[PDB]
Peer 1: 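Here you can see benztropine bound to Envelope glycoprotein.
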Amino acid sequence: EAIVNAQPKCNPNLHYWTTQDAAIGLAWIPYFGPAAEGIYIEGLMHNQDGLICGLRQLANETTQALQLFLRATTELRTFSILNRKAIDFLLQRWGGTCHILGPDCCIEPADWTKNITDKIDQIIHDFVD
Amino acid sequence: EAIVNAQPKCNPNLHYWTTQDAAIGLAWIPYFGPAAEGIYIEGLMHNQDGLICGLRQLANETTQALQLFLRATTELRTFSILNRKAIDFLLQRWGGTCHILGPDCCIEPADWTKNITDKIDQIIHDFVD
Amino acid sequence: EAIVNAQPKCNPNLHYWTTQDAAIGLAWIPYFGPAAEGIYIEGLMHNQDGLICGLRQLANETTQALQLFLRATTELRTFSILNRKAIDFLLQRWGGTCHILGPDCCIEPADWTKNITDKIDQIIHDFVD
Amino acid sequence: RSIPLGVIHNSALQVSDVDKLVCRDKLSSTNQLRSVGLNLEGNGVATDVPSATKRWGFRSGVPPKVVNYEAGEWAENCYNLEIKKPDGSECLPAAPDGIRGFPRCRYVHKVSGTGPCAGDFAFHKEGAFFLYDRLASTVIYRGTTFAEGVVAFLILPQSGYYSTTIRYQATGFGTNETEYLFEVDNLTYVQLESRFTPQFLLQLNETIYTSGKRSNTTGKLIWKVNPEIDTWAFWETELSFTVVXXXXXX
Amino acid sequence: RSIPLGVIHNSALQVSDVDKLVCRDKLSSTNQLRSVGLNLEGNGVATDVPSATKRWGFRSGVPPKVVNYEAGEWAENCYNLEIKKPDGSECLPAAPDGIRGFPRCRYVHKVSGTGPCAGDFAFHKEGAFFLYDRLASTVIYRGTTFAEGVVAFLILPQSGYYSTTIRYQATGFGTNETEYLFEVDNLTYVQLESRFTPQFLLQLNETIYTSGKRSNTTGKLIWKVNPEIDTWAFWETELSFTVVXXXXXX
Amino acid sequence: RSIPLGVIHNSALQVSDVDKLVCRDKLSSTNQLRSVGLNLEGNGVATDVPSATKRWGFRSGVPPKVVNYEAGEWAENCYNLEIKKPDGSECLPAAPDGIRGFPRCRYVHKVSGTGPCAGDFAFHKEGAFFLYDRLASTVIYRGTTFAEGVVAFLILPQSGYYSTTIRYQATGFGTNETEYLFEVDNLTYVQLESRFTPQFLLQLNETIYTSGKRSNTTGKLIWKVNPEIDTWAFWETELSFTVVXXXXXX
Ligand SMILES: CN1[C@@H]2CC[C@H]1C[C@@H](OC(c1ccccc1)c1ccccc1)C2
Ligand SMILES: CN1[C@@H]2CC[C@H]1C[C@@H](OC(c1ccccc1)c1ccccc1)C2
Ligand SMILES: CN1[C@@H]2CC[C@H]1C[C@@H](OC(c1ccccc1)c1ccccc1)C2
Ligand SMILES: CN1[C@@H]2CC[C@H]1C[C@@H](OC(c1ccccc1)c1ccccc1)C2
Ligand SMILES: CN1[C@@H]2CC[C@H]1C[C@@H](OC(c1ccccc1)c1ccccc1)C2
Ligand SMILES: CN1[C@@H]2CC[C@H]1C[C@@H](OC(c1ccccc1)c1ccccc1)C2
Ligand SMILES: *[C@@H]1O[C@H](CO)[C@@H](O)[C@H](O)[C@H]1NC(C)=O
Ligand SMILES: *[C@@H]1O[C@H](CO)[C@@H](O)[C@H](O)[C@H]1NC(C)=O
Ligand SMILES: *[C@@H]1O[C@H](CO)[C@@H](O)[C@H](O)[C@H]1NC(C)=O
Ligand SMILES: *[C@@H]1O[C@H](CO)[C@@H](O)[C@H](O)[C@H]1NC(C)=O
Ligand SMILES: *[C@@H]1O[C@H](CO)[C@@H](O)[C@H](O)[C@H]1NC(C)=O
Ligand SMILES: *[C@@H]1O[C@H](CO)[C@@H](O)[C@H](O)[C@H]1NC(C)=O
Ligand SMILES: *[C@@H]1O[C@H](CO)[C@@H](O)[C@H](O)[C@H]1NC(C)=O
Ligand SMILES: *[C@@H]1O[C@H](CO)[C@@H](O)[C@H](O)[C@H]1NC(C)=O
Ligand SMILES: *[C@@H]1O[C@H](CO)[C@@H](O)[C@H](O)[C@H]1NC(C)=O
Ligand SMILES: *[C@@H]1O[C@H](CO)[C@@H](O)[C@H](O)[C@H]1NC(C)=O
Ligand SMILES: *[C@@H]1O[C@H](CO)[C@@H](O)[C@H](O)[C@H]1NC(C)=O
Ligand SMILES: *[C@@H]1O[C@H](CO)[C@@H](O)[C@H](O)[C@H]1NC(C)=O
Ligand SMILES: *[C@@H]1O[C@H](CO)[C@@H](O)[C@H](O)[C@H]1NC(C)=O
Ligand SMILES: *[C@@H]1O[C@H](CO)[C@@H](O)[C@H](O)[C@H]1NC(C)=O
Ligand SMILES: *[C@@H]1O[C@H](CO)[C@@H](O)[C@H](O)[C@H]1NC(C)=O
């Protein structure tokens, strides 16, 4: 379904920080590198396609399922949410037999079609004696 | 192989508990929700297809490999057993080149067969001049 | 790229230990089994194909990316490096639609080719009236 | 070895693994992967405190290990141990953060007492696990309710709760000279034997209270049941008191 | 339920999951999977200490839980709590190993004081999370800077930093009779109200210092702002002092 | 950057990643994925205590980090540090739960002593790791045997053990004025130099014992080896004593 922001306000700009930083010399060595306060890069995203106000509503609506997931897990949890999403993605497409030209099989025989029906003109065209 | 229950007795019924519970109002909020004792749902499984007595023997026979796995891992283990099983499942089927009509390739070209041999009657049937 | 050992020396032999050990009787039971010092098996690898000197240089060159990965993660890390590599491997091959005979699709229609062009001699050979 | 996996084929449970399935086998979601904890109770093991404690022992040099499991079985008998050495130090480690007791126990057999505890950790002598709240361990944690059991891993195809605490005192725990007493109150005890069921212990407790057979002094009173009194698995199912500080309940 | 996933379709953000994508949807790397922490600030919640603390409460019987997130939002208002019970014991647990404060805060509202703290852990009454350094928790940790917020999970398609600490004293924390004081120095305080913004508090602090309105004795001096003094969300934007130990700032 | 992966192609080891393999490359099991710990020893680094300790240093503001590895290399030289500050407080943190010493060490160089320790944690100055039992850390743990080394990640294609502890005393640890003494007994020491090999230290210890060169009083006796005494990497390979409390071993 779509995302309907129902919050009292929306800050349309996302001034964000992350740690997804080529290192400069020996800065990668923990002994010489930055302190914990200096490992962050910053960025600024605007509300193009309404993605920021949609993101704020998405995080708000994620909470119930997230809290119910955390209640059901023990704090000795041994799996990551995003890795399990990646595994479930692959299991949805490839967890069973892929029936070609089916709705649940992500196999396009496009070039394989115009490689057979293209090369029929090697047996029907060469029918001379 | 099959599962042969070799236990002195078998309780054929599994009165089980789990935490795989639509929430009721604000019950998902940890501040308002249930205590740790009240997060469990219960169920009762009977020995249809001998699954319960087979399950008891399976858990018994799993112990050696499970203990040997736990001895070889450090208690800082960073991977889950079931996620790794899911990954190994996909690697077994899709970890290499899928040779169509092979025994290790889970690709059924069924409808793709009766889409070519069906549509041969567009070139062999239309051979008029 | 290739691995160029640029170390002052290389020990060409790898006298290694690991815990990848059929158990002997009740030795799998932790109460009866070995102590922590006795769970290791040993092996000796020689420098065939220069793999040992290449391995020493590889571990040396892995450090920067490994340290930068560890700086960016919190010590509450919930995913394993090798499982994520396995997932990324599958996502690279099967994360999208597999176009048959494409460069990024690992589907070989070899036997499927010589099952159609082989069985054309059931309709072109049987054209009698 | 490799951890076996339970899969349903031909209307029967079979042991297999992800590397020996066929293309017909369809695993389309991690929801089909399940870990279950099964109680040793269900296999017919003796559950009384004397019999159960004989299956545990102390060992050093082996670090404890822990594995998750998602679903468990309602237990009739659980155990909760508070054992010390004669010098007063604790025999069992405190439960790590986030390890709660087994969640479904009809009878929790709480055992307090002493023993030499010749070992850093208490392990299961038969290789089984100690089942806590969705967590299986190789060792016993102090004052934490557990059920003995084992774990299975499955590929699935695409009723009020009451708990009663039964308290015991123990001497010589761990050794082959262990003695157990069933605690009626802080000064009235019954010498315990293997044949006493939880139901018999609760009725003996109710009989002693209503009949005034509790100790009415400051000293310790221990009752003995005469062998002439007696009354399968848990799922398939005129007293005279005179003192002889020992005594006899006929 | 199942944890929702944000995906971009038709130039708009939509909620979906990995089980309801189409073959056109291409996930070729875990780099496309991202967790983000969004601050309640961005939704228009009141951020003053009186309003913010009303959203938190103490509860027992619920273990704390923690989830990772990779990217977060620069916060204008964060909070750092040092609350004790009247008997002197700590109300909040020490931060677990490796949990650092929220990394980007323009104003850290440090609140020290007392309260009954009728509960083992402090939770968010509206179900939100307390955002620390790339870690979201259900409970508040002692002396650890946090921002209130929530977490979203996404599938992506294939400017100096200054922080100012604003210190408060609190009585009756948690109850519905909580009192707050803004600390100018260890002996000069201002009775706090919800309408005071961080910018107004810093200018009131600079005015009190330069005008010599700090306490020049050993006793405690508390200023009150008269309601005649006053001056939207954070992103869209002649004083007389006489003492009446209370006083008034007109 | 992205963590590199070792793969065998054309009878040679190459660095690559899962995103730059070809369809011919077959990864059919996680068993083909392996992490290995390689010792700095194998690259030809000086392993004596003076040389090795110069590669470590104390730093604050950087949290420690830890990564698993499955297989390791037998080490000739390991290290085990017990360093305190002059005020008696510990310089190094206790090993976290489940971190055991490196499992294969021919010589464990145990170093006790003092130093300023101007930093919360001791890091490797060259960016290497400290290898423990199947666990690599960025910092040194107290009294825990480690080998210096680095970790590699691989895609595989589809002999008695003896350990000897060599004890040292150290002053000015961490600084550029560090002094080391080889401990023969609790009252007999040898002033240590970089050129002394483990084999030379063990023979010097056996010579001092059998020749009665140990201290026979209550005071401290320190021997010095004269530079005229001397005797490659570890894998490719008439004494007069008079006292001058210093002394000389010619
Ligand atoms: C191509 N990028 C551009 C626009 C979409 C894609 C993703 C990125 O923005 C992400 C984002 C995630 C976390 C922090 C900052 C930006 C994004 C995805 C969905 C909705 C909003 C932003 C910038
Ligand atoms: C369709 N379900 C039905 C019958 C097979 C399938 C699986 C489920 O039972 C599971 C189960 C797992 C854990 C707790 C309780 C039930 C099950 C699988 C294999 C063997 C026995 C039970 C009930
Ligand atoms: C078939 N094996 C043989 C040779 C290649 C393959 C892999 C194995 O050696 C591994 C190894 C890994 C960790 C410890 C010891 C051996 C190996 C892979 C790459 C480079 C060197 C060794 C031995
Ligand atoms: C009410 N319960 C019942 C059915 C839904 C809810 C959850 C519980 O789930 C069972 C189950 C097994 C097979 C099919 C459907 C539900 C279950 C047992 C063990 C582990 C997970 C789920 C049993
Ligand atoms: C400098 N930053 C900028 C671009 C590279 C570096 C890393 C950061 O990455 C963003 C991003 C989003 C979408 C496309 C490219 C970069 C980013 C935000 C949140 C989480 C991860 C990455 C923003
Ligand atoms: C006896 N060892 C020998 C062979 C089986 C057992 C286990 C060990 O395994 C090696 C190995 C490498 C390549 C092929 C087969 C075995 C091994 C080294 C490092 C990490 C895992 C395994 C070596
Ligand atoms: C498994 O069952 C057998 C036979 O009942 C028993 O001897 C063994 O101890 C059991 N294993 C465990 C781990 O309980
Ligand atoms: C059992 O206890 C007796 C003491 O009466 C002792 O002699 C014997 O060694 C014990 N047996 C074992 C196996 O410990
Ligand atoms: C019984 O003894 C225990 C152990 O000291 C004590 O905690 C408990 O309060 C006592 N109960 C009564 C009723 O005396
Ligand atoms: C024993 O009986 C008394 C009397 O009602 C009761 O209060 C007590 O709980 C009983 N003990 C147990 C273990 O049930
Ligand atoms: C006093 O205690 C005894 C047990 O020592 C008990 O049997 C007796 O009933 C009590 N007194 C009376 C008058 O019943
Ligand atoms: C989500 O937004 C609604 C409406 O603003 C609000 O009532 C609710 O408390 C929010 N949920 C969380 C977890 O903040
Ligand atoms: C609010 O505080 C008053 C004290 O004046 C008290 O009587 C009342 O019960 C409180 N309300 C709540 C909901 O706690
Ligand atoms: C103010 O009081 C705090 C709390 O006791 C104390 O730590 C601090 O040193 C004091 N500052 C001054 C300037 O007195
Ligand atoms: C209040 O003003 C004084 C005067 O410069 C300054 O030192 C102090 O940091 C200010 N307090 C805050 C919280 O900014
Ligand atoms: C002394 O303190 C008072 C506040 O109690 C302050 O207003 C006054 O300015 C100070 N003294 C002088 C001479 O200003
Ligand atoms: C890798 O090798 C180079 C050259 O020998 C050396 O300078 C560098 O310190 C090494 N890196 C690590 C992490 O040991
Ligand atoms: C080395 O030690 C000397 C003391 O003799 C000191 O003066 C000098 O600063 C030190 N060098 C470094 C780099 O610390
Ligand atoms: C040597 O000194 C150490 C450190 O105090 C001590 O633990 C050890 O017992 C001593 N050994 C002898 C033989 O005196
Ligand atoms: C030194 O020699 C004595 C004499 O045998 C021996 O007991 C001791 O272990 C030796 N020390 C070392 C470190 O080998
Ligand atoms: C007594 O100790 C000295 C060292 O101070 C040693 O060289 C000497 O051999 C010992 N005494 C005798 C008689 O050897």
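By convention in this document, chain letters (A, B, ...) are assigned in the order of the sequence lines, proteins followed by strands, and residues within each chain are numbered from 1. Every number for a ligand or one of its atoms is a count from 1 in the order of the listing. Header lists the method as X-ray crystallography, 2.3 Å. When reading the values below, keep in mind they use all heavy atoms of this one structure, side chains included, and skip hydrogens, waters and symmetry mates.
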Peer 1: For benztropine, which ligands or chains should I point to, including every copy?
Peer 2: ligands 1, 2, 3, 4, 5 and 6
Peer 1: Heavy-atom contacts under 4.0 Å: which other chains make them with benztropine (ligand 6)?
Peer 2: C, F
Peer 1: Suppose I only count heavy atoms of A71(F) and a 4.0 Å limit; which atoms of benztropine (ligand 6) are within that range?
Peer 2: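 Listed by number with element: 19 (C), 20 (C).
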Peer 1: May I ask you to identify the nearest protein heavy atom to atom 9 (O) of benztropine (ligand 6), giving residue, atom name and distance to one decimal place in Å?
Peer 2: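 Sorting protein heavy atoms by distance from atom 9 (O) of benztropine (ligand 6) puts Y16(C) OH, 4.4 Å first.
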Peer 1: Are any non-hydrogen protein atoms located under 4.0 Å from atom 12 (C) of benztropine (ligand 6)?
Peer 2: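 When distances to the protein are checked, atom 12 (C) of benztropine (ligand 6) has no heavy atom within 4.0 Å.
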Peer 1: For benztropine (ligand 6), note which part of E70(F) has a heavy atom under 4.0 Å away: side chain, backbone, both or neither.
Peer 2: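 Near benztropine (ligand 6), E70(F) shows nothing, with every heavy atom at 4.0 Å or more.
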Peer 1: Tell me which other ligands or ions sit closer than 4.0 Å to benztropine (ligand 6).
Peer 2: ligand 3 (benztropine)
Peer 1: Measure from atom 21 (C) of benztropine (ligand 6) to the protein's non-hydrogen atoms and state whether any distance is below 4.0 Å.
Peer 2: yes
Peer 1: List the name that the entry gives to chain F.
Peer 2: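 The PDB entry has it as Envelope glycoprotein,Envelope glycoprotein,GP1.
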Peer 1: Does benztropine (ligand 6) have a heavy atom under 4.0 Å from the side chain of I41(C), from its backbone, from both, or from neither?
Peer 2: side chain
Peer 1: What does the entry say about the source organism of chain C?
Peer 2: Ebola virus
Peer 1: Show the binding site of benztropine (ligand 6) at 4.0 Å, heavy-atom contacts only.
Peer 2: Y16(C), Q20(C), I41(C), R34(F), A71(F)
